[PDB]
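Quick look: paromomycin on 17S rRNA.
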Amino acid sequence: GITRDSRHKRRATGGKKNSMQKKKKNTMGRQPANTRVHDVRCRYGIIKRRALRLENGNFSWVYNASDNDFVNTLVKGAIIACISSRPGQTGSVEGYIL
Amino acid sequence: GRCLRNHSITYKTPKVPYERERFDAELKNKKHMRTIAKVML
Amino acid sequence: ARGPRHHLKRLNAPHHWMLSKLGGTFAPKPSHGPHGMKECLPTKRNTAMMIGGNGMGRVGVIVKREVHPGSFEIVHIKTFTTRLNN
Amino acid sequence: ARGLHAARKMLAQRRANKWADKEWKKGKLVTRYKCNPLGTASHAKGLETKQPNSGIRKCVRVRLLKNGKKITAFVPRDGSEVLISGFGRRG
RNA sequence: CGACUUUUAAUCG
RNA sequence: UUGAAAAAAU
RNA sequence: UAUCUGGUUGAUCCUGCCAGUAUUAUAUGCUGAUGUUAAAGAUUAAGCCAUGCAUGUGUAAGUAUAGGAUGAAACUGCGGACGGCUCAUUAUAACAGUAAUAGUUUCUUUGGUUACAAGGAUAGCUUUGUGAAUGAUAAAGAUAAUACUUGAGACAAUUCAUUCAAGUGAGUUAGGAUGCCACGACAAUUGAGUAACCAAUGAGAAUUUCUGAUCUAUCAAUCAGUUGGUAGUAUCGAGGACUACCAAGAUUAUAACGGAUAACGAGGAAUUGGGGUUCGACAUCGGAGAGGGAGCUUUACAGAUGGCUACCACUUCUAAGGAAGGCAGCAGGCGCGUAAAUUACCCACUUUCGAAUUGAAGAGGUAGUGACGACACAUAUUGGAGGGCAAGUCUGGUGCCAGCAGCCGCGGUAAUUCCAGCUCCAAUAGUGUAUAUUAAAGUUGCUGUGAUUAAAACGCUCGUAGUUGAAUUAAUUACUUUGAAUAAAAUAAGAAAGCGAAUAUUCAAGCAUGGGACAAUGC
RNA sequence: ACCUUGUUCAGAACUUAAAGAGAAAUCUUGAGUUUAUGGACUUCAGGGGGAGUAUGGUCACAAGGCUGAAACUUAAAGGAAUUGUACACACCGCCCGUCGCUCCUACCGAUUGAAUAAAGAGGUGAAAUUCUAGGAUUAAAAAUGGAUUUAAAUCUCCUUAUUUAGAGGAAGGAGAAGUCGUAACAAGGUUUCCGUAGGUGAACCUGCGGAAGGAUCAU
Ligand SMILES: NC[C@@H]1O[C@H](O[C@H]2[C@@H](O)[C@H](O[C@@H]3[C@@H](O)[C@H](N)C[C@H](N)[C@H]3O[C@H]3O[C@H](CO)[C@@H](O)[C@H](O)[C@H]3N)O[C@@H]2CO)[C@H](N)[C@@H](O)[C@@H]1O
C-alpha cells in the first residue's frame, strides 16, 4: 500500500513525473501503529517489535514537540521525563529524567 | 545484431555500370593494403 | 531483477578466462567464497606484484607513493604507475 | 556568428533552416501516416494524355482494404484483389 | 457519306 | 483622329 | 575513386530542380547444379487463442514395520524471485561513463567465534464417504522427525543513559567501562546436520553525486508537499517518503512548464576523403511488462502473475447445482497485413536447479522448412539494343490507335524506342520492379552555400538576453602533455570462417600530473 | 570676407582601367582583398504553383497588419547576354481574365452536428490489508461486526488525438482543337509596375503617392 519512492512527487521546477513502472516492494511503507507489543516481519527476515500500547518503562538518571494532538501517544522525544527510544520500532519505552 | 558468426564481402561492383574502357580491359565470370601503406606514409 | 543472478553468459564472462565466443551459450558461474567473480577462476594479464590494472603480471620494486586525500593513492614501481590495490 | 563560444546559435540556426528542405520535411511531419495512401508501405493490396501526346491511357480505380480511400492505378503492359506499387517517381 | 488538308479539328453540300 | 482576331501537334 | 551524365534556348553562359547512378534492407516478378555459413510473425493487432510440452528434486549420512543395504508414496527440506519471451510504457525519467554509501544489506558459499535424551499429533497407512468434475474435498483409528515444542550442558548480539578513547583526508568512530532492559544458544540431530554473532563473497543488490537525449514558441511563464526548517512517524536504511508546527520559497529565454514520436537506452550497424547523415524491437549489459488497473501471500530476494484476491474485458467445461484460465515460453490456429518456418527428436555440447557425480531442463544441442543475406564453386536466366548507358541506321504488321517511355521523347501508314522474328549487349545462378537509408548534395553549408538583377538584407533607429570585444605586467577555470582507470562481442589489426595479438580504441564527463603562450572569472 | 593656388580631414558624386571580381550586364570609396575557401554580429532563402491561402494566435473602431502551413499539381519557372522585345512555326507571334464541360484535393459546415479513444476536481465504492471486538471449535483459533490505510470499478463537468455530416457551401488544381473580349510583351497603340481607395461580365479602369525594372545617364 504505502510507498516511499519519489516517483509520485514533482521536480524542483514543478514538473509532474510520468509513470514508467508500477509500485515495487522495496519501497514498502507501513501503517503507523501509534503507541497509545506486536512483531512485524521486516525485510531480510529480521523482526520489528511493534508496541501497540504500553505503560511501564525503564528510565535512567503532557507535551509533544511535533503534534499537540498526540497529547497520549508514545513517541521519541515526548515528555511524560523525555522518551529517548523508538517505541514503535524497538517495542519498549526507554527514557531519561529531565 | 543478428548472428555471432562473422561475415564479409569479398568483392565490390564498380560505380559506373557501363564504360567501354572497362568492358574491354576486364574482358568463369567477372566476380586494402594500399591505404594501409598510405596511412603510414 | 527480482533476485540475485545465477546463470552466466559466454560473452559476459571475464576476458582473461580465455573462453571462446562460440563454444557454448553459457559460462560456468563462480560460486561465492574467498575470491570474487572477476578476481578468480572457477604480464599477458620491497618488491611487489600487480594484480589489477594494466600492470597485472608485472613484478618490481616501488620507488615512491604519492597520496591524494580526495580519491585514491598511487604506487610507482620499477617505471610504471598504478593504484595500491593492484 | 563564428566565435568559439557561439555553438548555440549555429546549432539553432541549422535546425530552423532544415524545415525549408522539401525532401527532408516530408519525411518528418505527419503526412506519411495520414496523407500517403500507401502509408509508409511499399505495395498495397486493394479492390487522355498531356498536350503533345494523343491517345487513351487505360487505367483502374481501386479502393484500399485498410484505409478505404479510392486511387487511380495504371495497367502495366500492352493489352493488359490487386497489388499496386507506385511508379518511377516517389510520391 | 464525300470534299478538303501532312495529319487532325472543325467546316461544305 | 480610329487600326480587334488568327483552331492542336509536327 | 576527394568522379558525374540527360533535360528550360534558334544557339550560348548560369541559377535551379527533376531524372539518371552506386549502395544498404524490405517486399516482390521471372529463373535456379552443388558444398559451407546463416536471418526468419518486430513494424500492421503488448490483438485472440484450440491442442501437447516448457519445474521439479533422494543421498551411506532427516523421517520409513509399504529394521540387511536397497527402497516407491507421504511428511519434512530446497527451488520454481534464475532461466526464457516481448518493447506496450518511459523525454533528465530510464541508460552510459564516473563518484559515495562515515546512509542500507540478506540468500548461497568461505573463514572465525560464542540430560542414558523430555513432551505431546500428523500425513502417507487403514475405514467410511461425498459431487459431473478440477491439481475436489469430508469422517474415524493408529505411527515418526533435522516437522513443533519444553528442557541444559554456562555466553553472543539489540535499545537506552553516562564515561575512557587509536584507523581513516575526515568521526564521542571500530573498541573498552558503568546500570539497565530486551534476546538467548552451539538440534534431546543423522551415517554429515544445527542456532546467534563477526568477516568475506560484495566492485555485488539498492539508493545516490557529476556530465551527456530527438522535434516543437501555432508551448512563456510554471509549482502549493510546492522549496526549505524543526520534531516525530515509516522504512533494510538517507530523505516531504509521510504527519504536525514555522518560513516563502523552487524553476525559467543558457528554453522552464507543456506538447509529439510510427522513443526502451547503451555496447553497435549502414554509408562515408576529411567532416558528417540515418538506423539500433531484435546475440551481450541495464530497464519495464505478462489482457487492463489495484490489493496481497510465502520467502533471503516478488508488488511474482506457467501464486492468490476483487473489479473491468474475454476464454473454456457443465449432469444446469456448479467449475478454470491467462502463449509478449516452444511448436501450432485465426485475425492483421506488402511482410515472416516444424503442432520433430534428445539431455550427448554449454550451463543451471535439486535431499545431488545418476534426476530435470521447448534453457541447450540435433534434425525440418528457409534465392533474407554471406563464402567457394558446375554448365541459364534476367533485362536491354535512340540518348543518359553497352549493344542493330536487320525485316513484317500496326498508323498520334494500340502502345512504349523512371527524364528527354518515339508513334498521324517507310517507326534505330510499339507488337512480333533474327542477331548481340551487361551480369549471371542470378537478374528485373516498387519503397526507404547513405553518397552523389559545396541542393542544409563547422570544414562549406547564397542574398544588385535567378529564391532570399527587417522601411529605419534605439535596446535587454546572446555572441564578439585595442595595446600593456619577467586563485580557480578553460586550454594543452602525459598517465591511472576503463564488460565482452563487434571495428581495425598480430575464402567467408574459427581461435589469446603489446592487440589500440570508445567520445562526453570525472581523477592525478608537467606547462602558462592565447583566454574567462575577482584581486 | 568673395574670388586664384598648396597642404593635409569630413561629405555627395563623377572619369579611365591592359588590373581584381563576376554567368554576364556591370562593380572599383566594392559586387575586390573567397576552393590560396575563417575580421565581429544580426536577419533572410532553398525548383515552379497551391499561397501570404487555410487553421490557430494576436494588434485595430474598421479596411487590414504581424505569425503562417498542408493536401494536391508540374519539368520546368527564372537571370544576363547573341533602339526595345515575355517573339524564334519568328506579329498571320505570344499571351490574360470571366464563362461552358468532366475529374481530383484540402477547408467550412444551421442539421442543439455529432461520435469514439485518452488526461484533472467532486460523489458512490469492491477487495485485500493495519487495528479492534467476538471465540464456533481444541492458550490457540475459524465465521462475523466496526474503524483506518491502499484503492480497483463506476457516475458528473473539464483537458488531447481519430472519425460520420446534408440543404448551406466556398476555394484550388489537371485534361489538343468550346464562348466573350485586348489586358500584358514594340511607345503593345492610354509607358509599365508597387501601395492604397473606389467601380466594374471579364481581362481591368480611374484618383493620391512612389519606382525605372523607361521610351531620358544629355542643354
Ligand atoms: N490554372 C488555373 C486558372 O485557369 C484559368 O483558366 C482556365 C480555363 O478557364 C482556361 O480555359 C481555356 C480557355 O482559356 C481557352 N480560350 C480555350 C481552352 N479550350 C480552355 O482550355 C481549358 O479547358 C478545356 C476544356 O475542354 C480543357 O480541355 C483544356 O485542357 C483546358 N486548358 O484554361 C485554364 C485552365 O483550366 C486561367 N486561364 C489561368 O490563368 C489560371 O491559372
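Below, read A as the first sequence line, B as the second, and so on, with proteins coming before strands; counting in each chain starts at 1. Recorded method for this deposit: electron microscopy, 3.2 Å. Computed over heavy atoms, backbone and side chain alike; hydrogens, waters and symmetry mates excluded. Only a selected region of the deposited structure appears here, and contacts were counted within that region alone. Atoms within a ligand are numbered from 1 in the order they appear, just like the ligands themselves.
- With a cut-off of 4.0 Å on heavy atoms, the other chains touching paromomycin (ligand 1) are H.
- Taking every heavy atom under 4.0 Å from paromomycin (ligand 1), one finds H/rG97, H/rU98, H/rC99, H/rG100, H/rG173, H/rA174, H/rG175, H/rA176, H/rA177, H/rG178, H/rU179.
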